[PDB]
Structures are given as structure tokens and as C-alpha cells.
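Entry with dimethyl fumarate: notes follow.
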Amino acid sequence: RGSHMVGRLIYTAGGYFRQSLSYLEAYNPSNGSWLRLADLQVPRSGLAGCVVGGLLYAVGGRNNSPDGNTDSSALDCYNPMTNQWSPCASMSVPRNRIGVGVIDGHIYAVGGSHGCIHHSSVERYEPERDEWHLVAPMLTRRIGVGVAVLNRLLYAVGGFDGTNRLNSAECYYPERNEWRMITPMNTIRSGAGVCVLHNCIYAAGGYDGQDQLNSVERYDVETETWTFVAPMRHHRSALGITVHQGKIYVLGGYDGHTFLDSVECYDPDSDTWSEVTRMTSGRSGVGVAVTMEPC
Ligand SMILES: COC(=O)/C=C/C(=O)OC
Ligand SMILES: COC(=O)/C=C/C(=O)OC
Ligand SMILES: COC(=O)/C=C/C(=O)OC
């Protein structure tokens with residue numbers, strides 16, 4: 001898979017170490033290299049990343065800084081061809097510890113917190129019109145929620161509702177604008193990395209109310225059951241996650257002791273995790289997505 005005429009990189013945006021971060025860095029699995037690119041205009045942790053039409057989007061989060069703490073409603077777009085960030089229309093509400101998924105070229109922003117309240121609301125961005133619109137809210141308030149898309153359906157997995165961390169999960173059916181509960185995970189997880197590989201939704205890591213997790217489980221949408229696979233080498237919560245050429249990559253996080261620079265890669269063929277690189281510095285709460293090499 002080469003986009004146009006160049007390779008695809010794993011982009012990590014933002015994050016947290018002592019304070020919220022503005023870093024944008026790109027990792028190349030083909031040769032091991034890291035590139036530092038244009039900083040975010042506003043530092044942010046607890047954001048999500050996604051790609052539509054080759055462009056990288058940074059959604060939500062919070063600027064934890066000495067000068068103050070501000071939850072973000074921002075949507076910002078990075079163009080690899082220009083190495084520049086551009087503001088887009090802002091969401092209806094600030095959303096820290098947000099989850100994001102893409103269906104049919106549209107960005108869904110799910111859940112997250114604003115101050116002391118925990119959202120169940122969901123809204124959808126149309127890049128063609130630069131507009132957000134609210135859709136049906138989830139059945140559950142969720143922050144630290146993992147999101148993934150499979151077969152043009154949107155899934156919201158785990159999180160924290162303001163009192164309890166959650167093992168529950170739910171699915172959104174766009175043509176009925178309706179959420180439905182699915183089978184709950186076997187583990188309570190907030191701040192897990194959630195992605196899709198083949199016909200399964202993976203939930204890696206997270207926080208269960210006492211411990212950061214290294215376990216990984218996957219939901220087979222045909223069987224409606226969750227099964228554990230190999231655990232990661234590191235326990236981690238608030239990790240970044242993405243898929244690149246058939247493998248899962250997890251980036252950073254917090255293990256109860258250190259903000260991790262470790263990047264691990266899961267090979268589904270062998271059911272093994274391996275360390276593949278280190279980020280340039282340890283951090284948690286990053287947004288991650290995959291698109292073309294920059295100029
Ligand atoms: C923005 O993300 C955070 O502030 C998380 C910090 C943490 O759990 O490390 C002790
Ligand atoms: C052009 O509209 C699209 O749906 C493109 C999506 C994309 O770039 O996949 C990572
Ligand atoms: C309020 O409870 C916590 O300490 C949360 C820890 C966490 O999110 O994992 C690193």
C-alpha cells in the first residue's frame with residue numbers, strides 16, 4: 001500500500017508529559033525513521049486523530065498547562081503536502097478524552113468530558129461542508145472511550161461514566177440513527193486503545209479502576225463474543241493505537257510508573273507483540289492516524 005506514489009506513516013499528535021503537548025511526529029515502519037513536523041497550534045492531550053481524504057484531523061482534547069486547563073472543542077486539519085495546520089469548524093461542545101471514528105468520509109466525535117460532566121452526545125463532521133451536526137446520543141455517558149468502525153457501523157467501547165469504569169460497549173447504525181448495546185467486554189477498560197483488524201474490534205490496555213492493563217481482547221462481530229489474545233509487553237492506559245499494513249501499533253501511554261515511549265506491534269498471524277521503535281519522548285493521551293509521507 002503506497003498512497004499516490006509514496007509510503008504511509010504513523011502520525012502521533014499531541015499528548016501529555018508534565019503538561020499537554022503540541023508535538024506532531026511521524027514514524028515510518030518501512031525504515032524505522034521518525035520525523036518532527038509542524039506543531040499543533042494549541043497543545044492538547046486526550047484528543048483523537050483520524051484521516052479523511054489524505055488529511056490528518058486532530059479532534060477534541062484538553063490543554064493542561066501552567067496558565068490553565070481548557071477543554072477543547074477544536075477540529076484542526078494537517079495537510080502533509082504543505083506541512084501546515086488549518087482550523088476547521090469547532091464541535092458543539094468541548095470533548096476531552098474523546099473517541100473518534102470515520103464512516104463514509106464523515107468524522108464521528110463520541111463522548112468525552114467538559115469540566116465535571118461526562119458526555120453521551122455524539123456529533124458528525126462533514127468535511128465537504130465544514131459543518132458539525134449532532135446525531136443520536138449513546139445509551140451511556142462515556143469518557144476515555146475507544147471507538148472503531150467495522151462494516152459501516154460505529155462502535156463505542158468502555159470508558160468512564162463519572163462513577164464507574166465500564167466494560168460495556170455499544171454500536172451505532174447510521175441509517176436508523178440508533179445505538180444498541182453489544183456484548184460487554186470481559187474486562188473493565190477506560191482509556192484503552194480500540195481499533196479494527198479484519199472482522200474484529202480490538203481493545204488493548206486501559207485502566208480498570210485499580211491497575212493499568214496489558215491484556216488485549218477482540219470482539220468477533222459474527223459470533224458476538226470477546227476473546228483474549230496475547231497481552232502487550234507493557235501495561236498501558238491512555239495509549240495511542242492504529243493499524244498499518246495489517247498489524248496493530250500501540251504508542252506510549254502510562255503504566256503506573258512511567259510515561260512510556262515504547263511502541264509495540266501486534267502480528268495477528270503469530271499472535272505476538274514486539275517492540276518496534278521508541279517515540280522521541282514518553283507521553284500519554286496522543287492522537288494517532290495513518291496517511292501519506294509529508295513534504
Ligand atoms: C492529560 O492526561 C493526564 O493528565 C494523565 C496523567 C496520568 O495519568 O499520569 C500520572
Ligand atoms: C476522500 O474521502 C475518504 O473517505 C478518504 C479517507 C481516507 O483517506 O482513508 C484513510
Ligand atoms: C482516578 O484514578 C486514576 O488514578 C486513574 C489512573 C489512570 O487513568 O491510569 C493511568
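Positions are given from 1, in the same order as the sequence printed here. The analysis underlying the following values was restricted to heavy atoms, covering all of them including side chains, and did not include hydrogens, waters or symmetry mates. Indexing begins at 1, ligand by ligand and atom by atom, following the structure's order.
- The main partner of dimethyl fumarate (ligand 2) in this structure, judged by heavy-atom pairs under 4.5 Å and named as in the PDB entry, is Keap1-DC.
- The entry attributes the source of chain A to Mus musculus.
- Atom 10 (C) of dimethyl fumarate (ligand 2) has as its closest protein heavy atom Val51 CG1, 3.4 Å.
- In terms of protein heavy-atom proximity, atom 7 (C) of dimethyl fumarate (ligand 2) is nearest to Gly53 N, 3.5 Å.
- Of the protein's non-hydrogen atoms, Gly105 CA, 3.8 Å is the one closest to atom 4 (O) of dimethyl fumarate (ligand 2).
- Taking only nitrogen or oxygen atoms, main chain and side chain alike, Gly54 reaches within less than 3.5 Å of dimethyl fumarate (ligand 2).
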